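Here, theophylline is shown bound to Methylxanthine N1-demethylase NdmA.
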Amino acid sequence: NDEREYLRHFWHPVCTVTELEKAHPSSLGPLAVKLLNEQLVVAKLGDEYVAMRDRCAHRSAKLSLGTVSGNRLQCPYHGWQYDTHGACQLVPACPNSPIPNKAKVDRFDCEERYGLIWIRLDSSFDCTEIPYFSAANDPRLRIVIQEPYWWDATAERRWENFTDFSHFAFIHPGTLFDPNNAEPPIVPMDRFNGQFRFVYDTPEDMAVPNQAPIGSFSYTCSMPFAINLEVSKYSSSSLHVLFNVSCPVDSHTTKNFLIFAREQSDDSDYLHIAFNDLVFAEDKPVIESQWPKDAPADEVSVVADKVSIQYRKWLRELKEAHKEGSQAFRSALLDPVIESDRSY
Amino acid sequence: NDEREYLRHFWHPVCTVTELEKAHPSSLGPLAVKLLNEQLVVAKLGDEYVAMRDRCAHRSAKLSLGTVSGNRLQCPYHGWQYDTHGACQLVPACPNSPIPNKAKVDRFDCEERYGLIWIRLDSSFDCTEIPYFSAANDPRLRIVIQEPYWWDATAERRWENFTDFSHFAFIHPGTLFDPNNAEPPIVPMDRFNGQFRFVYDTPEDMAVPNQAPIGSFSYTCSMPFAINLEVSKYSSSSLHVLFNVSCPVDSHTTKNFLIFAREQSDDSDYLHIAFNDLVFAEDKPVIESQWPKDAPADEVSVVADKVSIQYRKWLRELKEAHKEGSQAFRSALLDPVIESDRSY
Amino acid sequence: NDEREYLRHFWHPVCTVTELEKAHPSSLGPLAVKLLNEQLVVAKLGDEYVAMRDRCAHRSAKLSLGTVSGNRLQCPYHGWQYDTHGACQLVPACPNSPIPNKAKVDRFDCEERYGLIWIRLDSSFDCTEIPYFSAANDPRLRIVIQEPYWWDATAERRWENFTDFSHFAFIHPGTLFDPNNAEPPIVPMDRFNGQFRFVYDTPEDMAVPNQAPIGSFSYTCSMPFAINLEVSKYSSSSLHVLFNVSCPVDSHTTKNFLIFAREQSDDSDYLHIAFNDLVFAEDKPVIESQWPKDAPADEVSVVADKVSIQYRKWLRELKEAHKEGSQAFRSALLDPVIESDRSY
Amino acid sequence: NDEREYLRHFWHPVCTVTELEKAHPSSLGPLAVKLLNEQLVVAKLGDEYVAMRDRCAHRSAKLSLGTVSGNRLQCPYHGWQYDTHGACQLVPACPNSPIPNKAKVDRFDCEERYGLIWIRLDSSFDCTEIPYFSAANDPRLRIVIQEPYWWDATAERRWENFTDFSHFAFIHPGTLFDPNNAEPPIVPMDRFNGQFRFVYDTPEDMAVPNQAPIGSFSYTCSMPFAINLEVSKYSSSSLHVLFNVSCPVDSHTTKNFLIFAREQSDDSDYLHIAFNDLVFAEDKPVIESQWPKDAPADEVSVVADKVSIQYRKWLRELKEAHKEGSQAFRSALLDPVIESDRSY
Amino acid sequence: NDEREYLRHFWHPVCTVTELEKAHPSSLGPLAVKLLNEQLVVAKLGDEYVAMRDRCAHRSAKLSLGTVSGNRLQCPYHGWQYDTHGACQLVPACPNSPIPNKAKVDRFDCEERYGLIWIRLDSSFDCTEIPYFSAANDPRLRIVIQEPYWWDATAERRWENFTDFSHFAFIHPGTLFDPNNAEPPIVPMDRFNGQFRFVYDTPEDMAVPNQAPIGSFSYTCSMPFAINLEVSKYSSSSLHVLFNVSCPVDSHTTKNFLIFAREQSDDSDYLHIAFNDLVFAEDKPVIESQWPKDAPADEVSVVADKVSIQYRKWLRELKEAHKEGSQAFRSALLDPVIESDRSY
Ligand SMILES: Cn1c(=O)c2[nH]cnc2n(C)c1=O
Ligand SMILES: Cn1c(=O)c2[nH]cnc2n(C)c1=O
Ligand SMILES: Cn1c(=O)c2[nH]cnc2n(C)c1=O
Ligand SMILES: Cn1c(=O)c2[nH]cnc2n(C)c1=O
Ligand SMILES: Cn1c(=O)c2[nH]cnc2n(C)c1=O
Ligand code: FES
Ligand code: FES
Ligand code: FES
Ligand code: FES
Ligand code: FES
Ligand SMILES: [Co+2]
Ligand SMILES: [Co+2]
Ligand SMILES: [Co+2]
Ligand SMILES: [Co+2]
Ligand SMILES: [Co+2]
């Protein structure tokens, strides 16, 4: 848990709002989720999304097997009722007696945004924010939230797969790139407000389907695991946005979320969903094969790996700064480092 | 067989638009569907939804395994291309030769309405229309189209299940009615424009969930299988509309569609979907147990069965009038028969 | 397993007699069983039930894959024949050679009582007895031995679930308690002859099925894992006895046994079996959810938890006394500690 | 772990040539295989069978999901191509740049012999050879390579099962021996050229099928896991050879190979395959039951266990000599030790 | 059964010799097979392959559940023994009494050829022969018998699929033909000795794999269901032969056999097997979709359908001639009808 501890300071998606509403017939939850190997429960208490450890203080039953009752989450075993702060406010067996001081469960940051539920396990450094999705509140764009997809691969390896262009000719030859353009350009990369920003111009006139988001690629990557990709498409001259983020469920699993938005929206959502699913099915077996799950020091990079080289370097900086404490981590995350000629 | 020929003259839903778009990665279809034991294929050819028999004129392959190409449907076997009228316009093996006169497949009236695809197999009487859904184009109402649900029961038995309230205390005691209000009123029923119209007032103060659409019930039933139920709810003083229609797939199977609309729409869609699904799960085993599948003459009615009795009577009249021809059928369907004091 | 070693000194049930007879077509076993993570084999050799380690001394094959031949258990691999004392008496490959003195397997106390097979792994303290079942040899009572039921929960958590008053309202609302009677009395508890003894008069006039054993509850709990509950039922004024005992199979699993006896026995055994199975089905998901599997020090008790508080206290004293040896253990188990006004 | 390092110095079979050719539609591989817990990939690169670690040096994808291209193995992820020495010779993303010095993967000695693929993980002692199969290149004999069979048992326990006849009466009574000849002779055993050699004469006139290879048995066992058994059958006066060898896949699993050759070969191959499969099915549950998987020091031998005893002794000597280095190991393996009157 | 009766006069394959030898551990059978909806049993009695109705004369048990005992097939129920002529020669219950005259089962023509077992149900016209396989006894060629493949399609539709070239561009675009050459040539077709003979020159320089049998195509089709295709390949300048034959199992199923032979045989059998299997997997869903299973009179042909038009015409002639009797059928089958300029 040691090398991963710094990840607890970020906001991570754990489920869609849809999944929470479908979990229990009340539409309020509770829903069991797992984040960085922590077993948590999510529920809607009044107007608030809450996240607690999925473990009752009394006899350790799972609260995720319980029931929302107005402004309370009720344990299924002996009916202890927890408020939005994780504090027990009713012990039905002793309704007069004072409630023990220890009758509380851990309560974590939990917020809805973009149709996903986000949890931050450690808020002590008070310097991380929910990742940036550029299409939110853009009335020009129709937004579709896909169903989550689970991979037997880590969030770091998934991020590197999503931002890697040298693999398109070998993994996506029918679908995203010609098999003949295996040589990608080396682009400037900027750190700004805790995001990696970089821009690409993919090759034109490739034998790829019209629904393929191929064009001018503008990445805004909220560290550590979210990618916002704005595509000015060549084929249609219209904006298409991909927002992909991985939930690090445990040491070898990710629950992954894709939200996409498009300016030309008279067509079928399922044209795009089927295409995204095909791309993911092409990536999945190769990424799941990578072993060990966490990239060892012995991996051999080439110059075309600039994006993942720079990604790994920043992650190591954040892990090092975490050991040094709050101010060092804030600096490592939010200090600007500009390579390009743009102004922010 | 013979008993069911008259049903070919009505419009029946065969799939949702969502089902069509999901069937094939192109989002255009084709999709195989079955209606009154006919194997059909639906596809979006240009701006039109087209229904054809699912059987190529060349060597009888299923066109539903083929592909939409431009505004035509291409057979998977030797690539014959069919236009919106079912006529073959390209024989790839014989590009110069004249296309055989009989190179064509049967085409059927096919329209989208309310997010469903409707097919009329026999248009020769030309007096039937797509059923009425009251909530379409009412901006006060949020509309949800559920996924279809399949039952091993006929469309007639499904219709009678949907409009019966005698069964609420026994099939839906927790969910729609109190167990001790089993006695229902007997209301006037009007025939108008091929619809059964009748109005109820279900019992008040019943211990049923708040998401239960219980209140004053106004039915508009487009013969033979569609029900439009407008509820002015007691618990929320808000309009809730249920539109239920059965596809008669064959002699013992229905593919059933529910669309629901609601005025108070700040809550979760899945609160309502979960409730509807629970109601359907309560009905399903009992309706599927009814045998023989078609109601025989030996069933014993009581006065509380008025809706069922009058429905069976009208269906019998429609079946007999169909044998007398187009004009007799038009009168049996569209002549008014008013029982209530309502103006028309 | 250092902290479970004291449990080896008690008698634990490992199967029903029916299970042993059904295991092999001979009706004599062998049957593989597991107790405290020890792999054992049970068989009927002549008139005796025998238990040995399930591991042949020769080449370590499982004797449970072998065959009973009258008064011998024969290994499946090279046919070594073990007698009722675990000693090899025939090496078929060397019929004239003397049998090595090492050719023996560990043999454990094994006795039938009440239709179960009991094993005691360590008889050195010579102060433990098979648990008490009050209905044995009471000719007024019809006895039913249920099939065993397996839970992913420990024997301690199962015992505490069975004797807990406060969960009935939340886990068993339809079946054992009204949801309104959540506040239990705090009763005197006596230690006598290695049993916990306590009485509880459950609430009257509860909307609960008539086959529910609800009434005046008299518990005789043979430590560590057996519960004998005599119910003088309110609804029928007749005696109903529940005898529940958990086999600690390993650190996270129990094989549980229920025997029940009843004075009014003209009804169906399966009326009561189905009721017991419904109660167990209501408990099972919540008990299996408790984590960690062993109750840790951080659990928060309230005054209504008296029974489980006192149970945990006695188990801890037995564990500590086992470290101090035979006499200290005998005193911790068998010394009386009287809280009530009763005489024994 | 440490206990098994000496086994890396021997040649072990990992697949049949048939398995390699079936793995990929090209018939060239690649095929993933596992040997002593190492994940390897085998492919036919030009005229050579090559074994590499199944892990690309770039980003650790499995080369076994890749493709043979010319005389190289191409990774599925970014198309790096590895030559027969494990060196990367093409980085498609950086065609002009120099290939990193560390762009290479470990390669292992790999040869085809007898229709199997053999791998030696550690070649530094350079004193081991591929096991001896007597029937290779004997045109009097028809050879059949069976499909591999997997057992949840170690290669040591499998070897001892194959060379034991004490068990025939109990495991194979219908098939290999009479049940009442359980007493076997004790024969001289010779060590010569890294092989155990010993000769038997099984009992005559036994009620076993004609396809049973029962007769005069001559064993040549190439240490540690290969057995060559030449049978001069009693029933047919014809030579029958069984070659059995176990791949030690990991600490508890074997992938086992049987090749059999016969002089009288006008009958069906499947008469013999069915018989061998029946024998293996009789052994399998008993051998898989042996626990712990590795034989501990507490097993009790009898004089009939001579073959097993001498096998364990030699393995112990090889393990100890390996710790002393290459010369000590060569002597322990290849020094002769003659017990019989046979000339060498 | 009426329109299919003429097919009983031909020899049909029912299993491979391998399948017969694998069916029972004796390697002699019996094996149940089904041909033209007849339930038959195949067994090897001495040197003879025999086929009988799979139904004992005594109490109608299946002989396929029985045992070969030298020159007899023994029923499993009461052990009646049938000789190679289907006559019972032993009634174990009455070993002295005369055997009833009716104690016989129907016996059918049954012969091995090319590694397949062939059955002819009706030999009364004495004019049909086992189909021609050109590669048999050609020492230049290596022969591989594939495992049978089952399709939900009739033998007529399978034959037409195999000899159809207009479908390659749509069903086999990667594998057998360019998608751009959809236009096939019209070739002369000869009837000779009950075979259709015709020759094709497929297009050259197509983007197809090297193991694809593409070249000069010489067909010899033994009516009604066997195709012998000799390919003088363009890519390798070497002979490749495909022998495909369908067993008409019942009215909607075929059990299909592929044997292939090749002159250049230093490569892997599985290169070719995998390619054939890919081709079959491409055909299978489209052919299984064709409905009704038997081609109706309403199918619309084009000039490129010459082969199947001529096939259907000959089949109709054979069906008509069958009604007229033995001499008419012999003439329809064996009279020559020459279109080309070759001499036979
Ligand atoms: C990584 N990735 C994707 O996963 C994807 N899915 C659909 N377009 C996509 N694009 C353009 C992309 O770059
Ligand atoms: C038949 N029926 C239903 O199936 C249903 N489902 C949800 N409300 C429902 N109501 C009010 C109803 O009358
Ligand atoms: C724990 N428990 C049970 O498990 C049970 N099962 C049936 N009656 C029961 N009673 C009264 C009970 O207390
Ligand atoms: C161990 N073993 C076998 O596994 C076997 N299988 C077939 N004959 C066999 N024989 C003679 C044999 O000794
Ligand atoms: C029909 N057919 C096949 O099924 C086939 N399979 C492999 N080559 C093939 N060829 C050349 C072919 O014509
Ligand atoms: S375990 Fe939650 S209330 Fe007791
Ligand atoms: S079957 Fe449709 S094109 Fe031939
Ligand atoms: S392992 Fe039991 S007799 Fe050998
Ligand atoms: S992981 Fe193999 S080429 Fe990149
Ligand atoms: S049924 Fe065959 S012998 Fe009696
Ligand atoms: Co990718
Ligand atoms: Co209902
Ligand atoms: Co309970
Ligand atoms: Co054996
Ligand atoms: Co084909």
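A, B, ... follow the sequence lines: proteins, then strands. Residue 1 opens every chain. Looking at the header, which is where the method is noted, we find X-ray crystallography, 1.9 Å. Shown: partial entry. Contacts: counted within the shown part. Computed from heavy atoms alone, side chains included, the values below leave out hydrogens, waters and symmetry copies. Ligands are counted one by one from 1 in listed order, and the atoms in each one are counted from 1 as well.
Within the model, the positions assigned to theophylline, copies included, correspond to ligands 1, 2, 3, 4 and 5. Other chains in heavy-atom contact with theophylline (ligand 3) below 4.0 Å, by letter: C.
Heavy atoms within 4.0 Å of theophylline (ligand 3) belong to C/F162, C/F168, C/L176, C/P213, C/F217, C/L229, C/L242, C/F275, C/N276, C/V279, C/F280. Short contacts between theophylline (ligand 3) and C/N276, defined as distances under 4.0 Å to a heavy atom of the residue, involve ligand atoms 6 (N), 7 (C). Residue contact check: C/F275 has heavy atoms under 4.0 Å from atoms 7 (C), 8 (N) of theophylline (ligand 3). Source organism (PDB entry) for chain C: Pseudomonas putida. Protein heavy atom nearest atom 1 (C) of theophylline (ligand 3), with residue, atom name and distance: C/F162 O, 3.4 Å. Annotation: atom 5 (C) of theophylline (ligand 3) to nearest protein heavy atom, C/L242 CD1, 3.7 Å. For atom 11 (C) of theophylline (ligand 3), the closest non-hydrogen atom on the protein side is C/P213 O, 3.3 Å.
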May I have every N or O pair linking theophylline (ligand 3) to the protein at under 3.5 Å, one per line with atom names and distance?
unit_1, atom_1, unit_2, atom_2, d
theophylline (ligand 3), 6 (N), C/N276, OD1, 3.4

